[PDB]
Amino acid sequence: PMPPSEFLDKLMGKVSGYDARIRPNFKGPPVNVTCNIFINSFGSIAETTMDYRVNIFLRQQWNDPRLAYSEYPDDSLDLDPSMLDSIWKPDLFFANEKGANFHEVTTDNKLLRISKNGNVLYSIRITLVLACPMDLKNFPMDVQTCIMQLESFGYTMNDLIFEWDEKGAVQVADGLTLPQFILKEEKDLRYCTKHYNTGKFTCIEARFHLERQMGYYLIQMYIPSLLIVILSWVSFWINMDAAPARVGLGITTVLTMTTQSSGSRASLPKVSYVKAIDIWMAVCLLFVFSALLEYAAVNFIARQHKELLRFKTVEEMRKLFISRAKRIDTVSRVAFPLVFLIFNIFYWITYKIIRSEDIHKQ
Amino acid sequence: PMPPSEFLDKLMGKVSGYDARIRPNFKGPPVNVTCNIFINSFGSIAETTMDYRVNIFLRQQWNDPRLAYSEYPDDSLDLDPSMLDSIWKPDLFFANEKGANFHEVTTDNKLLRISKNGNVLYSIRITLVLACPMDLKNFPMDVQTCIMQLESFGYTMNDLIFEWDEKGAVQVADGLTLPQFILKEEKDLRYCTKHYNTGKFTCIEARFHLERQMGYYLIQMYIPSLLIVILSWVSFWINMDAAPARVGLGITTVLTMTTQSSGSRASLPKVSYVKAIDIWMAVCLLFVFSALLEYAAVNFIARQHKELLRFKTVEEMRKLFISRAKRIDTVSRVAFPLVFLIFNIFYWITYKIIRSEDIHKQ
Amino acid sequence: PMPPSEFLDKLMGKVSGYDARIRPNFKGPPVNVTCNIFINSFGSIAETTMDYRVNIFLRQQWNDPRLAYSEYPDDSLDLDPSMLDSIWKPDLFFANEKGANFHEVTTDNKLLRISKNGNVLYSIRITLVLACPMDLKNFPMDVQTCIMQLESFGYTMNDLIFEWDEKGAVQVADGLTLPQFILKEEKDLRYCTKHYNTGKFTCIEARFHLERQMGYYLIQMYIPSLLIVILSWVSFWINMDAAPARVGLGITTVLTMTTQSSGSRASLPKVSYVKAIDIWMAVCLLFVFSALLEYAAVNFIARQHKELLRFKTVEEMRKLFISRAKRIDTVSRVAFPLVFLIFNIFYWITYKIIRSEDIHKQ
Amino acid sequence: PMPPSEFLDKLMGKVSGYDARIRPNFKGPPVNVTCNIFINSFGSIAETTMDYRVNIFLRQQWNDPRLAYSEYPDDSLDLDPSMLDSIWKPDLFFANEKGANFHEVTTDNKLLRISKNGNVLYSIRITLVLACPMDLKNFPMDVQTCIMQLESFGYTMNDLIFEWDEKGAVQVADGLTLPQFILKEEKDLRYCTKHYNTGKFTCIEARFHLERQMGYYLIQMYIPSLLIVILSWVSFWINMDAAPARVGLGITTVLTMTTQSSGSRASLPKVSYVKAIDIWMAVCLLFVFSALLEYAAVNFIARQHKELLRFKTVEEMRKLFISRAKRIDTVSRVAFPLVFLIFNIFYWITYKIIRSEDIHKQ
Amino acid sequence: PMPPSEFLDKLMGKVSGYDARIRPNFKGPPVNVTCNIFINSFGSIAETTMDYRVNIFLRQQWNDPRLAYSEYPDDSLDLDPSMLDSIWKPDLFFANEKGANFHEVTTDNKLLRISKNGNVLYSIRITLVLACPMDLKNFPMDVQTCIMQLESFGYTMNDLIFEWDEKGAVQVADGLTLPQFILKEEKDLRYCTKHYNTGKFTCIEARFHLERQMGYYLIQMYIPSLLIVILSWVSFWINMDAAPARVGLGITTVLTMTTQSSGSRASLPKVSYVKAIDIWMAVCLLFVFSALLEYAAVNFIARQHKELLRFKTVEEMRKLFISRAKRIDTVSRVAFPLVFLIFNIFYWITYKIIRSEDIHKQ
Ligand SMILES: CC[C@H](C)[C@H]1O[C@]2(CC[C@@H]1C)C[C@@H]1C[C@@H](C/C=C(\C)[C@@H](O[C@H]3C[C@H](OC)[C@@H](O[C@H]4C[C@H](OC)[C@@H](O)[C@H](C)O4)[C@H](C)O3)[C@@H](C)/C=C\C=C3\CO[C@@H]4[C@H](O)C(C)=C[C@@H](C(=O)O1)[C@]34O)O2
Ligand SMILES: CC[C@H](C)[C@H]1O[C@]2(CC[C@@H]1C)C[C@@H]1C[C@@H](C/C=C(\C)[C@@H](O[C@H]3C[C@H](OC)[C@@H](O[C@H]4C[C@H](OC)[C@@H](O)[C@H](C)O4)[C@H](C)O3)[C@@H](C)/C=C\C=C3\CO[C@@H]4[C@H](O)C(C)=C[C@@H](C(=O)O1)[C@]34O)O2
Ligand SMILES: CC[C@H](C)[C@H]1O[C@]2(CC[C@@H]1C)C[C@@H]1C[C@@H](C/C=C(\C)[C@@H](O[C@H]3C[C@H](OC)[C@@H](O[C@H]4C[C@H](OC)[C@@H](O)[C@H](C)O4)[C@H](C)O3)[C@@H](C)/C=C\C=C3\CO[C@@H]4[C@H](O)C(C)=C[C@@H](C(=O)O1)[C@]34O)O2
């Protein structure tokens, strides 16, 4: 029978001794805050500035003794979010972030629900440009581990304690997909406490293990390099007397291998360690460069042939240099793709075992 | 005869018991909100970040019993938008969005119209960077279905219910055109209710079917690839003894096919499935590569010819290798464009039937 | 003798019955608002997102009967812009716009001048990213017509009427120049009234006719294409037996024509109609491709010559094929630039007459 | 002995008749405002959108008679910047600007100092994206004159007059350097008064003469073009019978000259007048194109030689065509670099005299 | 026993004489402020606009006598950051900065702690786009010294004095790494006082010495240039009669050296001094150009050979020109890589000694 306006100005009134600046149960045990997040959107992962953009529904549960009411019989009592000025919302800030803008569209995207015993549910929708450092030791295949850290500002560990939720940890939205990565099902909850000269502060973090998909990099980078190496193999069947043809074919394959290697590393930060694509493009470039060196040795042997022919064992030395120049081409035509196939299976199995070692060590 | 200032401070006065924080007909049936949007601008569709930018006139109709007035005889009573602080606007937020900024130019772009019985018309102009996931299984021709979701924050299904309008669904502005797409005439209205641990929330959505126009991709991508394949066909008429000419022509056609294929995929996200342009550029690249292989086989047969000529059935084996080397060119000159025409009609009709299957299944 | 503070708190005081929420002459004829704009900056015209950025001094003149004063003898009475909270500024918003931010530097850039009879002058400085659709049927030469629409939000046609000024329409700043376009001297004032389900709203618009300057596109695009076609003509004088030279020259001219055509269309939206540069680059590419086909026919005739010479009317058939192979080069050397000159004068006069037809139809 | 709180609420109190909306010495002579700016940062000069970014310390000095105090004996009395709401700051706005955001970091970056007789010192730190039109008649060497205009909004010339400072004009920070330009020591102070239909408004402007440094453009653009022309000269020493070598060398030099000319104009607005780099790249491209034409004439004369040799004064006509084909190469080998050196010294001295004429006319 | 609300409204109440506009110990000695910063994130260093982005925890310690309390026995008394409106926070602003936005996510990221004797701890989290000028005299290896200046606005040196902290200077976060640079362990604290016409202002600055990592630039830039020079060395073994082969190989190596040099300078400001990569690419380009000149001299000597052979000491002059043309190739094949190795060791040791001289002079 009681009207709701006096009831919802009674608990936050200045005739009441609420004092929203003062934390609950002052001069006592620390407040325990339970947090669960809901990943609404995850994406826009950029490697060159090492950050990613999430959309989260940050839900914070804490108990306030002064907020308890015994008049109304309903337990939930969902409230309007405009009177969220004097409730004592806890301070929370993300340790590694940029941006972090609120959503003010059509209303402030906020949820306030005060239970009968004093439990408060506080939900806010925020997009954060979270910055995570990434390791690029293996660029085509890799398991990145993005770190999201939630800690407090201005309340030490003896006054405010952040804890993860027990029923579930992180709720991902159904149907959420990433175009370039695959989000793993398990998520780590390791809370570490940062120490500062001012004091220690409560901090909880969650880790997402991101598997990079290998379907795009196989089409864009691995197959055109094989096309270039196969073309340099095609140069072996051409006639050895046709010098501009073989020289031009080999030179253009080396040039396009260099430009392809320079263009695949363009969308990447300037890291200072050797990656896997470096190894792949280096061995492919070495293969086309060795093909050009093989033709240069063949044409040098033919040069020695032509100088000793035109100005005495001349016939059998002509035979020896033509037979040797034919033997080099005949053994190269078999030896080049076989050693390339050997390198391919060795590289692929060692990266398969180091990828499985990364997924086993985690 | 009554002056308007007391009348428009009477209904929102604190001497009145309006209490704009409290929802209408509290502790009763849920409020029913009818929404229709007006697409003022639609465009700026970007594939690489999978989002689009709309300009909408969001109109929300709901009934308030406390707002009803019986003094004035006029039914419409358009009001000034500055006193839209205490009216109980309903909470609405878009589920998949970025940005969503209001228009504050020369006034707040808002409309408030309170009917005599209590019906409230609330119109706001907002630009939203709506994020939609897109399928790129067929890149040149495709029918994208952009999804716009409108749901509530902080009021469950038992307190707030969102419904679409019956007289029309979505009003598009007259003369509105898209440079890259064609907006279909019908629009789906399927409302789905999202479930969360806190509770269930009302949500309505509208789907726009976007037909990608095929006029640009025919000019930019399909015809230059045919030019490259026709040039590789031109290489068959050149003399077989002119080895640097045919080798250089074929090698430059393969190189430019590779760079054209790499440059057409630049304005696209790094997806991990095979698209239609992948198939097209792959078959065209296979055609120019097979032309280079055909010349390599011709010059290998001529090599065998020259070695058996210069160091016995020599005349008729010279005839056999010249006749075979002529026969390969003569059959290739007919066989290459005919099998290309067969591939063209097969690819085009299978993509026509899969495009019509996509438009029939919807 | 009267001090100014009471006089300027008398007309906007709450002891006065001003009521700035209520429109002037309520329950009567509609308010008539006269608007003239002053183009301070115009520029930053981008084709790929189809919008332009203006800086305008929006001046709005309307009459308020309650604001009239008879105490002071001065007629102008320029006022301070801080008390522009309660004046009843009219609602105005641009129909096709993005951005539209106010200038808050060192003060709010505003002007308020209330005349003695009640005329109010309201000037504000705003930069608007106005979005206009453009037609690219003729890309090098074209007359774009940018549309600026000013309409009201929340006041129908019976309550608020917008009208253009009679003394002048749009004042452009002296010395204002555009690097890529030429602003015409006349400007259209056609007011159209938009109709919505809620009601009809007053709207006035102004059109600027923008002539695209042809000096840059002649240097960047038209002359290098002529350089490529002239180089392909140079290929006719080279010796026909030198096959790698003529083949390589023609192939590189075709390749660079393709890359030049692909690079000139890069700063353009993905439109689906044929433009004028498409026609120009297509005919130039057809010319260099026909030159390569002409050399392929010459070397095929020489192939027939060489096969019938080396394995009977042999001398006179050698004469016939050498004379025909010389005649093809001799007639091509004259016939190629003459038909190119014919195409040039036909293309140029038809685009001159369609440009003058566009400027005559307007 | 008087406490400072009553003294600094006495002069701005509502029990005082200060009335900060009303300008000082109302209904009298115009207020005289003295302005000096301090260039803290100058840079980020972009040619393609024709604007530059400054950081200025805007100091405004004006006299207020009502602010005068005779109680305290100190003359300076530096005040706290939070009570800068009611002081009657003058209206000032920059005529050609974008952005112009204030600095709110750790405090509002403001200075308020009220002298004993009524002199007020008002300093604010602002970064402005000032838009200046630039002339690109000579692109490598040029003296740009950036214009910064400071005028008033809403106060005419009879009420507010802006004047420059007498002790100095513009203070540049010590150690301030520009990477691409050189700031001259003198600065023009020409005040021009803008006229509008509403009235005339006071305006003062300052001009900075910016000398473009020529060290970068000599390395990036002038020397690689000389490398290309020297390579085309190297083509003269190669054997005339080696036709693919000379043809390929000349064709690749023409192609790379075209791409170098197209790439140096990329970071520039689409202007419609001929610049100096246009002239330079055009003459260099003409030189490499004439070298290709010279080889085409040599090989045409050799063609006439070969046709009259193989199907009568045959020996002496063979002599005449070989001697003429040698004479063309021998005279070209001397004549090409000498005429290039003549063009170089003529171009360089005419641009030196037109640069000195620009610096003498100013 | 005293409740906290009256105690925390007593010290900031208007019944108290706090007067937060007035600085502490007015008309006396200057306030001494001790500042220490905590580098939370450091990165996003861009060379082309010469600025870097930090995340700092700015801690300011100063003593206020009026804030001292003797009632409560606790010494720390951490307070809520909402009542940081009237505390007299000191004015601080960074001298060389852009941006500098506060963090408003979930609360204002602020810390307020008032000691018992009057010591105030004020911590704020800010991201600043700090602009630092950089010297690019040596581009691959360099030690940049970023300067962060903190000074006051509106309080002179006699009223406000800024001092660095004695216990530590700048705290870097543990685990913080930079992908492109290495942050040195020592940091300079040199405070310089800026002088202005208005007065002198306190300023303290901190310098970070940044070592550029050399691992990326060795892979991206130094090794492909060696690949190009090694390929030009490979051109010496090819047959001298094969003129299109050697000419084409040398010409494409010169062309790709030019494009590689133009592409490595793309991500750099337009500086006007010679860098180290300029010297490296210039010597490598000189090496490949000299190889092309060596082949041109060889083919000129062979031209003289062919003209004196075909139209008398003819045999021994044929011997002299073939022996000399062989001797040039034989001495070049040894002389080119040896002088390249000499240049490599000289360049590397002189840059090692100038890098160590830069790290010794600091
Ligand atoms: C085979 C290599 C040699 C070099 C051949 O290369 C060329 C011609 C002939 C050579 C012998 C080169 C190559 C294509 C082939 C033709 C082969 C087919 C048409 C396709 O390929 C197959 C193989 C591919 O598994 C390696 C396989 O993918 C799976 C992987 C995943 O399941 C594990 C899954 O995601 C999904 C099921 O799909 C799939 C069956 O498709 C063709 C689609 C390959 C892509 C072509 C690419 C298009 O743009 C690329 C690039 O811009 C380059 C410049 C041109 C193309 C090219 O490089 O062309 C290109 O790389 O011709
Ligand atoms: C003549 C064409 C053939 C192909 C010739 O081309 C080449 C060499 C010889 C060939 C026979 C090609 C060409 C230049 C010429 C040399 C000609 C001159 C030096 C200039 O040209 C004249 C002609 C031009 O009117 C067509 C005329 O403009 C007027 C137009 C307007 O009044 C109506 C007005 O705005 C103003 C008065 O100026 C003007 C008198 O200048 C030279 C300045 C032309 C520009 C050169 C361009 C620089 O970058 C361009 C591009 O990056 C490309 C890659 C290289 C250059 C080129 O393409 O070089 C380039 O295009 O040599
Ligand atoms: C040796 C030079 C000649 C020209 C050879 O070049 C080619 C073939 C054969 C020529 C004789 C060229 C070159 C690679 C080699 C093959 C050599 C190996 C595969 C690798 O190299 C070694 C040498 C390198 O120390 C110079 C050394 O790095 C250390 C430095 C640091 O410790 C001090 C530390 O960070 C870490 C330990 O690693 C390391 C042991 O790896 C290979 C990984 C080199 C990188 C290849 C690059 C990939 O993209 C680049 C570029 O896009 C270009 C276009 C193609 C590649 C290339 O240019 O290919 C490329 O540059 O083949």
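A, B, ... follow the sequence lines: proteins, then strands. Residue 1 opens every chain. Atom set for the values below is all heavy atoms of this structure, side chains included, hydrogens, waters and symmetry mates excluded. As the structure lists them, so they are numbered: ligands from 1, and atoms in each ligand from 1.
According to the PDB, the drug located at ligand 3 is ivermectin.
Among all chains, the one with more heavy-atom contacts to ivermectin (ligand 3) than any other is, according to UniProt, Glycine receptor subunit alphaZ1.
Every other chain with a heavy atom under 4.0 Å from ivermectin (ligand 3) is listed here: A, E. We find no covalent bond linking ivermectin (ligand 3) to a chain.
Contact with ivermectin (ligand 3), defined as a heavy atom under 4.0 Å, is made by these UniProt transmembrane segments of chain A (N-terminal numbering): 2, 3. Both criteria (UniProt Zn(2+)-binding in chain A; heavy atom under 4.0 Å from ivermectin (ligand 3)) are met by no residue. At a heavy-atom cut-off of 4.0 Å, the residues contacting ivermectin (ligand 3) are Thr258(A), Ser261(A), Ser262(A), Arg265(A), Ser272(A), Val274(A), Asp278(A), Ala282(A), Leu285(A), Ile219(E), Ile223(E), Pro224(E), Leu227(E), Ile230(E).
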